[PDB]
J.: 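Got a structure here, written out as structure tokens. Questions coming.
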Amino acid sequence: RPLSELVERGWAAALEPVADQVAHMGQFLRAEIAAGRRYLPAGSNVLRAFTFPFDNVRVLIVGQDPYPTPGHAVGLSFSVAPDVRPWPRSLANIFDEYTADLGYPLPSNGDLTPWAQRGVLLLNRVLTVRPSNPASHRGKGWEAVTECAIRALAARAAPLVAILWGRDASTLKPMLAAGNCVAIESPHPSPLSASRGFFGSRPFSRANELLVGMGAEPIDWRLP
Ligand SMILES: O=c1[nH]cc(F)c(=O)[nH]1
Ligand SMILES: [Cl-]
């Protein structure tokens, strides 16, 4: 399938260099199914982040891999469906840092769609995972697709802030070495890493000051 049938047109243009890789991933996933091994998130949500316009991304959030628990991952990193409770612990932790940093009330739910609609790309280094098996699709081919996405964001040389959460940070910073691109890192917000540097990192207000510094408009982070 042409990418323009799976992603927004600007993204289809940016990722055409890895279009065969994206097809190989779809082959890989269908092969996993044929072998009885499922993947998350849903096939139609795998490239969901690439359904919001390439040309409008001003903040790039990059995590590691999707939620491994069925019913959580939705193709926007860290987000959940609006009816989901309890929130996953990574999301709960992001929302405590959100209230500490911004002084906003806790969000009504865990649906981060409003961030995606406002120019925040919620990306993961690896876009699929096997249920109950964290990080189980590492090394399987998504890295070349997400490296293409990131470099192509940086090559626009429009103002861009990347928020890098967790262990891929030192790999991803060289990909963001370009004019009008700034990368800020912390430990990941998951249970056992968040209290080791995620909390206290103030990535929301920092991103907005870096944007304004470049002459860009800040993000309205406020969730309902
Ligand atoms: O690194 C991640 N952890 C948890 C997530 F939900 C996600 O999308 N990415
Ligand atoms: Cl989690």
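Since chain A takes its numbers from the PDB entry, the residues it shows come out as 4-227. In listed order, ligands and their atoms are each counted from 1. Because only heavy atoms are used, hydrogens play no part in the values below, and waters and symmetry mates are left out as well, while side chains stay in.
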J.: If you rank chains by how many heavy-atom contacts each makes with ligand 1, which has the most, and what name does UniProt give it?
T.: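 The chief chain, as UniProt names it, is Uracil-DNA glycosylase.
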J.: Can you identify the drug molecule modeled at ligand 1?
T.: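 The drug there is fluorouracil.
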J.: Can you check whether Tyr70 has an N/O within less than 3.5 Å of an N/O in fluorouracil (ligand 1)?
T.: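 N/O-N/O distance below 3.5 Å does not exist for this pair.
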J.: Quick one: which fluorouracil (ligand 1) atoms are inside 4.0 Å of a heavy atom on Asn127?
T.: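 Within the 4.0 Å cut-off of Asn127, fluorouracil (ligand 1) contributes 1 (O), 2 (C), 7 (C), 8 (O), 9 (N).
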J.: Going by distance only, is there an N or O of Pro69 that falls short of 3.5 Å from an N or O of fluorouracil (ligand 1)?
T.: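 No: no nitrogen or oxygen of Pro69 is under 3.5 Å from one in fluorouracil (ligand 1).
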J.: Polar-atom distance check: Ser80 versus fluorouracil (ligand 1), any N or O pair below 3.5 Å?
T.: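 In this structure, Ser80 places no N or O atom under 3.5 Å from an N or O of fluorouracil (ligand 1).
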J.: So, is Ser93 polar-close to fluorouracil (ligand 1), with some N/O to N/O distance under 3.5 Å?
T.: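 In fact, backbone or side chain, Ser93 has no N or O that close.
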